[PDB]
Number of protein chains: 4
Amino acid sequence: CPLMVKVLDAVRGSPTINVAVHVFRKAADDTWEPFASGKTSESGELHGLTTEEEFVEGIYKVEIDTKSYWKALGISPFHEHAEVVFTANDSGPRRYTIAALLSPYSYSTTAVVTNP
Amino acid sequence: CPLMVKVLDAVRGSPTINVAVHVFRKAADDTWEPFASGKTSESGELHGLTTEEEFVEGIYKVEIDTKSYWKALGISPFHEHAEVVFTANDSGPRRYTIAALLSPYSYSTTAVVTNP
Amino acid sequence: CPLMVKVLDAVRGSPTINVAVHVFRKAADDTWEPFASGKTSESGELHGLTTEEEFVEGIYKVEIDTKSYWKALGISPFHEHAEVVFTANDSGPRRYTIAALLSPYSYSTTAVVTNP
Amino acid sequence: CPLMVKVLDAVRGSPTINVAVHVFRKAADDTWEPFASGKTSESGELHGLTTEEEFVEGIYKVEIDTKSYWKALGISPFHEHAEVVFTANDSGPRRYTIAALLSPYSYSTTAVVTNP
Ligand SMILES: Cc1ccc(C(=O)c2cc(O)c(O)c([N+](=O)[O-])c2)cc1
Ligand SMILES: Cc1ccc(C(=O)c2cc(O)c(O)c([N+](=O)[O-])c2)cc1
């Protein structure tokens, strides 16, 4: 699985379940081409977005629909979404975990990049 | 000042100087109109981006050029930038501080919103 | 496994391997009684610290030896360690994951608390 | 002011007012000597804890009473407090800002260290 997304809720201390995630890859004309999408599981994780063969070098964007999550919980959010833009595989294929820790007025994102 | 951006370096424990910041506002046709730009000062802060009169209701995007900051220190970071998108002034005028805490493979962002 | 500790490195974008972790429980005389200890695995995780029978209600402290980690990497750290103090199981047994994201001059900690 | 503490609420996007802060210094016998204390102001900041003359080399502990803050808002948070332990002024006098960003199940802390 070369790309995994994990989303956590800092208000409730829980994984964020059923949050929509969209992945894009930058096109030659600096536009965002859809690439993959899904919703997080009960563990807050989204697997199976891509394969090692499709996940070539390039710039990728991960958009997490955080606003819809907080609205479903009845909490007023600040951000429209959480976005993460990064260059992938520039030094050979890696396994990427994009982790996002969500609060209504703050979020953090980290990348855990390992070599299989 | 209705909009301030502050940027900190979590590796060195210091404000980030001369980091480029670009602000955009979503137009009626759902395109990003350039709104303001600047670079952070010695204190890591960028003031004077806009005025209360110009800073009307809308969706705004703040893009911080974190990659150039790390590259100038010799580091190839994970993220291409740090981008924050939010609705502003939907309940009347507020003062917004957008703060970003930077590491090579992680960043966090918060919003401090006050009512003068 | 009622208690797991996970530690991540925000500079290198990797799990923190071989970091020492010590767990204490507060004694009747407000002193810290040792409870469990270990070192993180290749995945940055420390499992098997306790059992559901031993992990009773109480106040617990998790101390992560972050200073030794950064010294081993040749990076100057700010903190002497990372500590997390929390009340456990006050509403029935839970599964706790204590996650720490480390930078030389900053750290974050979250708790993911689930019901089996 | 050589030592400042700033505390922010990541749920509401606001500084935290009237949060208790206690500072300790490690003595020769390895005990924590009370050094200074105060409460955060309307801006979430606590100034005037010490002077450059009194703030000598040593190991210091800053304990922020985050639990009382959340309890006053009706929330039972995960952490009992936020505690930061660090060596100060080992390379000469510095100015330290300890900043804490609070959520019910997560907190982050950073240090901004400057040389006047
Ligand atoms: C920015 C941030 C801070 C803390 C967390 C975080 O709490 C977390 C929790 C996990 O169970 C876990 O498996 C991972 N991970 O794999 O990276 C991260 C996640 C994101
Ligand atoms: C995501 C994050 C976490 C912590 C900080 C942070 O450390 C910080 C430091 C300041 O001196 C300061 O004035 C503010 N602020 O007002 O927002 C934040 C900044 C950003």
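In this entry the chain letters A, B, ... are assigned according to the order of the sequence lines. Here chain A follows the PDB entry, giving residues 10-125 in order. Quick note: numbers on chain B are straight from the PDB entry, i.e. 10-125, in order. For chain C, we keep the numbers from the PDB entry: what you see runs 10-125, in order. Note that chain D carries the PDB entry numbering, so the residues on display, from first to last, are 10-125. In what follows, every heavy atom counts, from backbone to side chain, and hydrogens, waters and symmetry copies are set aside. For ligands, and for the atoms within them, numbers begin at 1 and follow the listed sequence.
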Novice: Tell me the drug found at ligand 2.
Specialist: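 The PDB calls it tolcapone.
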Novice: Find the chain with the greatest contact count to tolcapone (ligand 2) and give its name in UniProt.
Specialist: Transthyretin
Novice: By chain letter, which other chains contact tolcapone (ligand 2) with heavy atoms under 4.0 Å?
Specialist: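 By letter, the heavy-atom neighbours are B, D.
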Novice: Which residues lie closer than 4.0 Å to tolcapone (ligand 2) by heavy-atom distance?
Specialist: B/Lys15, B/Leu17, B/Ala108, B/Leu110, B/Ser117, B/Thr118, D/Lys15, D/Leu17, D/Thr106, D/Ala108, D/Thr119
Novice: In the protein, what heavy atom is nearest to atom 1 (C) of tolcapone (ligand 2), and what distance, to one decimal place, separates them?
Specialist: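 Result: B/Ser117 OG, 3.2 Å.
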Novice: Which protein non-hydrogen atom lies closest to atom 16 (O) of tolcapone (ligand 2), naming both residue and atom, and how far is it?
Specialist: D/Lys15 NZ, 2.4 Å
Novice: Is any other ligand or ion found less than 4.0 Å from tolcapone (ligand 2), and which?
Specialist: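 Nearby: nothing.
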Novice: Checking a contact table here: which protein heavy atom is nearest atom 20 (C) of tolcapone (ligand 2), and how many Å away?
Specialist: B/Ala108 CB, 3.7 Å
Novice: Quick sanity check - which UniProt L-thyroxine-binding residues of chain B lie within 4.0 Å of tolcapone (ligand 2) on heavy atoms?
Specialist: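 Heavy-atom check against UniProt gives B/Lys15, B/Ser117.
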Novice: Among all protein heavy atoms in this structure, tell me which lies nearest to atom 7 (O) of tolcapone (ligand 2), with the distance rounded to 0.1 Å.
Specialist: D/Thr119 CG2, 2.7 Å
Novice: Check tolcapone (ligand 2) against D/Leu17 and write out every atom of the ligand that is under 4.0 Å from a heavy-atom position of the residue.
Specialist: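 Those of tolcapone (ligand 2) that fall under 4.0 Å from D/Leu17 are 15 (N), 17 (O).
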Novice: Write out each pair where an N or O from tolcapone (ligand 2) and one from the protein are under 3.5 Å apart, with the distance.
Specialist:
residue              : atom   : partner : partner atom : Å
tolcapone (ligand 2) : 11 (O) : B/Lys15 : NZ           : 3.0
tolcapone (ligand 2) : 13 (O) : B/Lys15 : NZ           : 3.1
tolcapone (ligand 2) : 13 (O) : D/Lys15 : NZ           : 2.5
tolcapone (ligand 2) : 15 (N) : D/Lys15 : NZ           : 3.4
tolcapone (ligand 2) : 16 (O) : D/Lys15 : NZ           : 2.4

